[PDB]
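The next PDB entry has laninamivir among its components.
Every chain is numbered from 1, with letters handed out A, B, ... down the list of sequences. Start at 1 and go down the list; that is how both ligands and their atoms are numbered. Below, all heavy atoms of this structure are taken into account, side chains as well, without hydrogens, waters or symmetry copies.
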Number of protein chains: 4
Amino acid sequence: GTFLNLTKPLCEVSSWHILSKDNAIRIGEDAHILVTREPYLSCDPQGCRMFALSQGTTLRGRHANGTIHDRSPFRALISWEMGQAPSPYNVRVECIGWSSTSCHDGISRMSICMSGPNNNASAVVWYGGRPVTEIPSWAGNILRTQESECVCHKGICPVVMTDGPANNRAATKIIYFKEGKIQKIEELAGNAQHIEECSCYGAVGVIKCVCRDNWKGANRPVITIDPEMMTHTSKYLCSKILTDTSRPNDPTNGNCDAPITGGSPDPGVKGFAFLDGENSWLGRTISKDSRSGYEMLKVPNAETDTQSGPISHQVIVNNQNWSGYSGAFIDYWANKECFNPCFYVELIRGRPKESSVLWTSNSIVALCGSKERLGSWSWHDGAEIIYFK
Amino acid sequence: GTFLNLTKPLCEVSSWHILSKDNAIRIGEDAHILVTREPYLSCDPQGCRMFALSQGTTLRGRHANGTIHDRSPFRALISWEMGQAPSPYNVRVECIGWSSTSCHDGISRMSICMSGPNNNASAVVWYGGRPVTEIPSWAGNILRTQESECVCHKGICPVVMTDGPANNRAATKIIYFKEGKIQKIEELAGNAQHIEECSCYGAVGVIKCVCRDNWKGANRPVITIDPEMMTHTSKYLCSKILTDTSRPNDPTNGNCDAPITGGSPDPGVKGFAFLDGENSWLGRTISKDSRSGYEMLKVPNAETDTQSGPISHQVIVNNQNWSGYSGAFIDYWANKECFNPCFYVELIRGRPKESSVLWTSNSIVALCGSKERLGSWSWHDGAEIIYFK
Amino acid sequence: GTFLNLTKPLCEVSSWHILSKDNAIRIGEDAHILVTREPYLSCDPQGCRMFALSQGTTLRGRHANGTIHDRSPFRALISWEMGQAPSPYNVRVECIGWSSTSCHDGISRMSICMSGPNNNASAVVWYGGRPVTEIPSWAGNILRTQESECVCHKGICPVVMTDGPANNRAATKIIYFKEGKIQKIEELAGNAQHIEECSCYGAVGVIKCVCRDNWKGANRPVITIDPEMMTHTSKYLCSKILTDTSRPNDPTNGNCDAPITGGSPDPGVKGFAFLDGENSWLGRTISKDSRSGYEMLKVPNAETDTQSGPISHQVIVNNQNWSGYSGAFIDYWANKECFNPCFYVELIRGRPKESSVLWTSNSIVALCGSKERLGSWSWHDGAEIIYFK
Amino acid sequence: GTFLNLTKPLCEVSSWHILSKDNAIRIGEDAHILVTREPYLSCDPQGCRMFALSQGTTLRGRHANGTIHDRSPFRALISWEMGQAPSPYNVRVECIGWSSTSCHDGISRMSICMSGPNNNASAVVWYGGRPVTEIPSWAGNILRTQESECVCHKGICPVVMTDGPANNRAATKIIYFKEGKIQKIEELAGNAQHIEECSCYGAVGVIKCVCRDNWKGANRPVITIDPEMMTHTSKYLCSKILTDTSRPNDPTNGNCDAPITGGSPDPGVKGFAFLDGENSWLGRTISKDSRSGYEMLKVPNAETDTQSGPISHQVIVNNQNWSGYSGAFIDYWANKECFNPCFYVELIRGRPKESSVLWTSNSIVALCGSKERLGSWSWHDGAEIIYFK
Ligand SMILES: *[C@@H]1O[C@H](CO)[C@@H](O[C@@H]2O[C@H](CO)[C@@H](O[C@@H]3O[C@H](CO[C@H]4O[C@H](CO[C@H]5O[C@H](CO)[C@@H](O)[C@H](O)[C@@H]5O)[C@@H](O)[C@H](O[C@H]5O[C@H](CO)[C@@H](O)[C@H](O)[C@@H]5O)[C@@H]4O)[C@@H](O)[C@H](O)[C@@H]3O)[C@H](O)[C@H]2NC(C)=O)[C@H](O)[C@H]1NC(C)=O
Ligand SMILES: *[C@@H]1O[C@H](CO)[C@@H](O[C@@H]2O[C@H](CO)[C@@H](O[C@@H]3O[C@H](CO[C@H]4O[C@H](CO[C@H]5O[C@H](CO)[C@@H](O)[C@H](O)[C@@H]5O)[C@@H](O)[C@H](O[C@H]5O[C@H](CO)[C@@H](O)[C@H](O)[C@@H]5O)[C@@H]4O)[C@@H](O)[C@H](O)[C@@H]3O)[C@H](O)[C@H]2NC(C)=O)[C@H](O)[C@H]1NC(C)=O
Ligand SMILES: *[C@@H]1O[C@H](CO)[C@@H](O[C@@H]2O[C@H](CO)[C@@H](O[C@@H]3O[C@H](CO[C@H]4O[C@H](CO[C@H]5O[C@H](CO)[C@@H](O)[C@H](O)[C@@H]5O)[C@@H](O)[C@H](O[C@H]5O[C@H](CO)[C@@H](O)[C@H](O)[C@@H]5O)[C@@H]4O)[C@@H](O)[C@H](O)[C@@H]3O)[C@H](O)[C@H]2NC(C)=O)[C@H](O)[C@H]1NC(C)=O
Ligand SMILES: *[C@@H]1O[C@H](CO)[C@@H](O[C@@H]2O[C@H](CO)[C@@H](O[C@@H]3O[C@H](CO[C@H]4O[C@H](CO[C@H]5O[C@H](CO)[C@@H](O)[C@H](O)[C@@H]5O)[C@@H](O)[C@H](O[C@H]5O[C@H](CO)[C@@H](O)[C@H](O)[C@@H]5O)[C@@H]4O)[C@@H](O)[C@H](O)[C@@H]3O)[C@H](O)[C@H]2NC(C)=O)[C@H](O)[C@H]1NC(C)=O
Ligand SMILES: *[C@@H]1O[C@H](CO)[C@@H](O[C@@H]2O[C@H](CO)[C@@H](O[C@@H]3O[C@H](CO)[C@@H](O)[C@H](O)[C@@H]3O)[C@H](O)[C@H]2NC(C)=O)[C@H](O)[C@H]1NC(C)=O
Ligand SMILES: *[C@@H]1O[C@H](CO)[C@@H](O[C@@H]2O[C@H](CO)[C@@H](O[C@@H]3O[C@H](CO)[C@@H](O)[C@H](O)[C@@H]3O)[C@H](O)[C@H]2NC(C)=O)[C@H](O)[C@H]1NC(C)=O
Ligand SMILES: CO[C@@H]([C@@H]1OC(C(=O)O)=C[C@H](NC(=N)N)[C@H]1NC(C)=O)[C@H](O)CO
Ligand SMILES: CO[C@@H]([C@@H]1OC(C(=O)O)=C[C@H](NC(=N)N)[C@H]1NC(C)=O)[C@H](O)CO
Ligand SMILES: CO[C@@H]([C@@H]1OC(C(=O)O)=C[C@H](NC(=N)N)[C@H]1NC(C)=O)[C@H](O)CO
Ligand SMILES: CO[C@@H]([C@@H]1OC(C(=O)O)=C[C@H](NC(=N)N)[C@H]1NC(C)=O)[C@H](O)CO
Ligand SMILES: [Ca+2]
Ligand SMILES: [Ca+2]
Ligand SMILES: [Ca+2]
Ligand SMILES: [Ca+2]
């Protein structure tokens, strides 16, 4: 292998084609399928794999009771062959913990998991399947990270991590890794007031991360990283089209420099956007209140124009169905002249919205860009909650 | 690897020997086995694999209820090691959708799946395990394809696709792929009035496809393709021995140029034939009404002689047992001086004929030619439907 | 790889050490384990694997009902990693049928399965994972073979096959294969009156097979093969120590040339012996009536001396436990200066002796020679039949 | 591969980071997970794997009843991918028996299992996946070994084995293997009065084993081995901090040369320590009576100073949770300039402490050293015993 260099431009995207869907909850109704949440996909020169945080129990198992809980000693980052559902028989355990990121640098995979008590968490950084670096909490308040893939360039893989309050100012850092070893640490700069769960992708030597402000904004922070100089800037997505959940109705004008407040009752959800001038796409839940539905909106100059609105759209999950986290990934090793945007949607089932069952889990759907105008339908989870009762 | 060239003649066949049988319904009564339908086999330089369209649930799972349904967001083309039954633990997800084809060109495997709503379906073409091409519906009416393997020659893999009515004239095309990229598109020519679900095989630079006319004919359309010139002709199988289901009693004379109408109540089933002058074999269900039984009939000059009849036969599935789809494949990489014909029979269990259960699934049996005169017995599914009730 | 040559002598054996045990019935009480019978082991340059005839259902599955039945379209030769229990998730399907043999020639594995109706069975010969040769029944009466491994020398792999009555004279042949292709066919010569289920091993250019006479003898036929000249002789094991089941009490004198009759009520069981002058070991069930217990007896010159008796023994399965078939195999690719004898015992559970359950299956234990004097205990199946009721 | 040489010093350790956790009992409540005990981890150039002694049944299976029993013909040493739970579908059977050790010499893995009756047990030594050496019991009283990994240096892998009483003087030997072949046998020397279940690690040409005295001492024997000269010494851990279970309260002064008696009611448990001057860490159960809790104590000069006490600590399992065996391993092939200490804790569930269920099994947690001061929490098993009732 050789280090991945972000030499290619982002592919132009007119619509989104289906890449994978694991149907994990449908299958797990009667097969041995692990309870998960916070899934994503990440690729390497050989292909793409699914990742998620296991809860250390099967879906039909009695220990699925209580799995709304975010952090326990029984969680682990697992990865498995794309399209399969995660079972205790087919998963690779990448690391142990309850917040993660992973990316392949062209030679080996780096995986990072945080674990431990809220006031004393720590990250273990794995490279090539072995632990190489450990990082203690710097603020004593739930050290945590992206919950989707990082991006590498010339062997340098930046990772955004946050430690501190979910509902007040926190301490966010960008750590630049090479072979799992810290090359540089930056404190977050810029105008984003709060940063969690960054979804990142790269093209032409630039890494862009679209994140979650859990404190104030219904608009999403955007971090722009130069992995060569190891420097960054941050602000908010300018567009009036707000993409956090919960959020208020979209105003007539967005805000690049400050959080747009409002919405009820959730303070945030992980999400993403591809930001490339006219070739810009924003994902969001269809409901402004809850994690239901998912739509892709083509919003030219969303990153820079406070008045930018949608010129096209594609419903990914209809609003009668539950969604969840969403994030970016790219098959940087595809046989193409451009890097083609891909994304996944986490389809959360169970608590708290379906509180008739005792568990919380998800399945995954993933799509990639097409220059064609492709028809669309809803790629909802497809399980009947009544079958679990 | 090097591109497969169809340089060899078709092997002479006197009888059929057992190749594989997965016993999927028997096993799935108590193991975690995926609900499937529309199966086939396809080979590569390493060996042969089984393929089918999953329904995204196990057979004993509650979500098996309703799996008579043809098209949903929970279906995918899966492949697995020949002889094993398909489980969520052992399958490779080739692509996502509800109609498929797949073939190996000698270097990598191309897999194609259609998905989406009836009026806006699309094909995603995968090559070497990555998506490379997308094709939108051209007629807005269930874009669909072969449901068995395609065939490649010098890197060129033609695929027959249809978009339009199941019960009226439709828009069929032959798309010639190379590395999953479109080289040429032809509109279907010839006298076949309606084309679905082509079963194809190749020898000496010729690709022959035997298809399903769902509109009029109880005789099967035959498409003859030159993968070098990328041109084709089409007509009907000439023999009076009719091989669609449903069909009327065989007349005294077949018809090469026009559909022979009649039969009740089904308009069609996927099937196949090997057409090589005196070395010609037709498969069909034993019942002229329903998908029950399966027989191989040696009908010399079936392709060209309207009066041709059987000179030998071999029952594959007795008429007291359910059959289903059937199709052609060949291990083009076998250590032999000729390409030996193989075929599979889909053994459908459940709805609509066994409506005492809520599901529809199948198992697979596959056989290959022998120059020996081998004894035969019935290779039925072998599950007891009562055990599922 | 290079062809295996039988250049080495047989190792001296003083006792038997444990090699593997799959505990298949214990595990299968609650895991997805295939119903099997007629198991064996066979090695290759990479290691050893377990083989058996699947019944195409799991042990706890409803289709296990009726699995006392010997021959059905739902059986297949399966192989799996030594020590694991056979599941639908971990087995390789070698071929389809209800009688088998398999062996590796140093380059690739040959596997043979018979299938079909009693009066019209056929063998399909596979080599390197592909079917290469087909053989029709020559006597129209259950064409069948060894049910344990064959042996190869300089690419030549002889296989003993029988077609005809189980209770009268039958037509036995030795077929000499190379790369799955017939090199020569011999009709059985010698004084053995009936030959079934040969257990074979090789050393110094000689292949010896110890078989089952189902017609007359309670003494076992022995076939001695020269795989270079492709010729053989046959007679009975000379020793007064009789090793078929059922059998009468051992007489004062054995018989080399003719069957010793008597015993009740079973006409035979597959078994084996290692015959090397003073270094000779006979296996047999402990009960002279039934398939219970298993003992290894060191009987110097058993092959040639009608008065030879045991000078040492090792109980493998105590007589309070069920046994079954037994057979020979050798890791011909071991890092040793001699070929070390190994054997397996099939531990049959269920019908007909435990008719309180509806099924018949087995687990496996396998042992190899040691020059040490090792302590021994019983390696019985270990399942409680009551747990299955 | 090339032989591992113990050329590197031991890494300095300030705290312990999470390496792996399989959650086997949680998962096994509803998945097919093997009953085990006596687990460990062992690495090779490719990575690390989990090992344990299977009981030849699943956890939910009826045959789990009675698995408190230590020795049966249904046990085997199994290994599996680190982090997964052990299932009959994912384990490699290393050898058959009820006491084991395993280690990789840089080229291949040696695995050893004892099996047989108490008065006639024997070890089978496997190398490169094949049996190479057999060793009969020398004292006729439960020949047994380490239950964690051995250590290799220049191809020489010493193994500590004991044969004789659990409650009186026994016959312990160190056997020096190369490629599974005995190079030398030493009778145990030194002042340790009784030696069982040694936990070993190596650095700078020295192998140190920390063991269990089941006869007298609540202090742990320490064996120091020179794998080049193939010689050793033994005595007790000097520290007043006693680390066997059961044990009395720690005295004011430890004892290097003689057992410190007392404690009730258990005579011993397998444990470990890393002994490197000031860089010394002792593990022990938190309860002095029972196998509950687990703590790591940094005790400078524990090996040599009878008055040495803890200067820091880290709770691994809180005292409200069950622990069990603990042992040492090191990834000798890590990309580091020092050998970093790792350890596992066996988390025993079921009998005899939870006698409300009929079974005994365990899960695994494993941790490795860090020079960072990392926060900690309890890594208990996490299953609810009530769910199994
Ligand atoms: C076969 O497949 C084709 C390819 O997939 C498909 O092509 C699609 O065709 C449709 C119809 O021509 C096109 O729709 C167009 O979309 C743009 C953008 O619409 C989006 O944004 C507007 C504006 O939203 C903002 O303003 C409103 C207030 O005005 C606020 O509520 C909102 O929050 C924003 O602030 C929005 O109104 C649209 O809403 C629609 O869609 C959402 C889901 O996203 C629904 O929840 C909602 O009820 C409503 O239906 C939408 O979000 C719009 O400006 C145009 O007027 C036009 O509607 C698609 O872009 C196009 N897609 C692609 C990928 O080409 C074919 O239609 C299909 N054929 C058939 C027969 O099905
Ligand atoms: C050991 O194994 C041997 C190898 O497998 C096996 O060999 C077989 O031997 C039989 C008997 O000699 C041969 O049978 C021959 O078959 C031909 C062709 O028969 C087929 O076609 C005719 C004509 O069908 C058309 O016409 C009728 C009206 O006349 C219409 O109904 C029909 O729709 C067509 O339009 C057909 O009548 C036959 O029907 C038989 O078989 C079908 C199943 O296909 C049954 O449903 C039906 O009830 C009837 O039994 C058949 O379809 C025929 O012309 C000859 O007269 C002769 O019957 C096999 O060809 C031969 N097979 C091979 C591969 O060599 C041995 O028999 C076996 N030994 C034993 C003891 O079992
Ligand atoms: C630790 O392990 C050691 C190694 O495993 C073990 O060593 C064993 O020690 C014993 C005792 O010294 C030795 O036993 C010897 O065996 C020979 C051969 O015995 C076998 O054959 C005779 C003769 O059978 C024929 O004749 C009789 C009529 O006389 C017929 O019934 C029969 O059908 C034949 O025609 C037979 O009588 C023996 O029967 C015994 O064993 C069978 C099981 O095979 C039982 O069913 C039966 O009830 C009876 O117990 C036997 O089949 C014998 O001639 C000697 O007199 C002596 O008995 C072992 O050979 C030896 N094994 C090895 C591998 O070295 C240690 O004993 C063990 N230590 C402890 C404490 O357990
Ligand atoms: C974020 O994470 C940090 C890193 O993990 C963590 O850092 C830890 O900080 C604590 C507090 O400053 C340090 O604790 C120190 O530990 C030493 C050693 O204590 C151990 O040994 C003593 C002595 O035991 C012997 O003597 C007594 C009689 O006096 C006997 O009972 C005993 O059997 C021995 O003979 C012992 O008393 C201690 O007992 C404590 O811990 C045990 C568990 O091991 C409990 O069961 C018990 O109830 C009690 O709590 C202990 O065994 C001690 O001398 C110091 O005074 C101080 O207590 C840790 O060393 C340190 N760890 C590391 C790895 O750096 C931070 O605390 C954490 N932050 C937060 C907010 O949680
Ligand atoms: C298998 O799937 C079928 C189809 O989904 C299930 O049948 C359906 O069951 C639901 C729930 O009882 C029925 O819904 C009801 O419909 C009536 C009339 O529309 C409405 O008034 C009620 O409030 C309720 O919505 C539905 O009609 C019914 N459909 C059919 C065709 O029978 C069936 O229960 C499933 N079986 C199993 C064993 O899971
Ligand atoms: C778990 O395993 C234990 C131990 O095998 C089972 O308990 C045993 O059950 C058997 C059958 O009921 C008892 O056998 C009986 O013993 C009496 C007295 O010896 C005898 O007179 C009877 O004819 C019969 O043989 C056995 O005593 C009993 N052992 C103990 C220690 O209780 C138990 O049933 C198993 N539990 C489950 C849920 O499988
Ligand atoms: C605590 O809540 C945070 C995370 O949010 C939630 C969610 O569904 O919204 C999922 C995570 N679950 C896991 N990653 N396991 C959380 N993050 C963690 C570390 O708990 C939030 O971002 C506030 O800081
Ligand atoms: C809709 O019916 C078509 C297909 O037919 C049926 C069948 O059992 O006959 C199976 C397919 N199921 C799947 N491939 N899933 C269909 N084809 C599709 C695309 O639905 C028919 O050929 C008419 O156009
Ligand atoms: C029919 O009985 C024969 C075979 O014997 C039996 C047995 O348990 O004794 C197992 C086989 N089961 C299978 N191999 N499946 C048989 N052999 C066959 C071909 O049925 C016997 O050797 C007489 O010819
Ligand atoms: C018999 O007890 C010994 C072993 O101890 C126990 C235990 O939980 O304490 C587990 C083992 N279980 C297994 N390894 N299976 C034993 N060791 C054996 C060989 O039984 C002890 O060390 C006394 O000699
Ligand atoms: Ca927010
Ligand atoms: Ca038709
Ligand atoms: Ca006999
Ligand atoms: Ca002790």
Identify all ligands or chains assigned to laninamivir.
ligands 7, 8, 9 and 10
Could you peek at this structure and say which chain has the most contacts with laninamivir (ligand 8)? A name from the PDB entry would do.
Neuraminidase
Find all other chains that place a heavy atom under 4.0 Å from laninamivir (ligand 8).
B
So is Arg71(B) polar-close to laninamivir (ligand 8), meaning N/O to N/O under 3.5 Å?
yes
Can you name the atoms of laninamivir (ligand 8), numbered from 1 with element, that are less than 4.0 Å from a heavy atom of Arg144(B)?
19 (C), 24 (O)
Heteroatom distance test (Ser99(B), laninamivir (ligand 8)): nitrogen or oxygen, under 3.5 angstrom
no
For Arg212(B), state whether at least one heavy atom is located under 4.0 Å from any atom of laninamivir (ligand 8).
yes
Give the source organism of chain B as stated in the entry.
Influenza A virus (A/chicken/Nanchang/7-010/2000(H3N6))
Please classify the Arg75(B) to laninamivir (ligand 8) contact at 4.0 Å (heavy-atom distances, strictly less than): side chain, backbone, both or neither.
side chain
How far is atom 9 (O) of laninamivir (ligand 8) from its nearest protein heavy atom, and which residue and atom is that?
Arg291(B) NH2, 2.7 Å
Please identify which atoms of laninamivir (ligand 8) are closer than 4.0 Å to at least one heavy atom of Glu147(B).
14 (N)
Checking contacts now, so for atom 3 (C) of laninamivir (ligand 8), which I'm interested in, is there any protein heavy atom under 4.0 Å?
no
So, does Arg37(B) sit close enough to laninamivir (ligand 8) that a heavy atom of it is under 4.0 Å from the ligand?
yes
Distance filter under 4.0 Å to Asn214(B) heavy atoms, resulting laninamivir (ligand 8) atoms
23 (C)
For atom 15 (N) of laninamivir (ligand 8), closest protein heavy-atom neighbour:
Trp98(B) O, 2.9 Å
If you measure from each heavy atom of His69(B) to laninamivir (ligand 8), is any distance below 4.0 Å?
no
With atoms numbered from 1 as shown, which atoms in laninamivir (ligand 8) lie under 4.0 angstrom from a non-hydrogen atom of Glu38(B)?
10 (C), 11 (C), 12 (N), 13 (C), 14 (N), 15 (N)
Write out the binding site of laninamivir (ligand 8) as chain and residue number, heavy atoms closer than 4.0 Å.
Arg37(B), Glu38(B), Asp70(B), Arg71(B), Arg75(B), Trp98(B), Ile142(B), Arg144(B), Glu147(B), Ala166(B), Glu196(B), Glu197(B), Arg212(B), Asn214(B), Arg291(B), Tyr325(B)
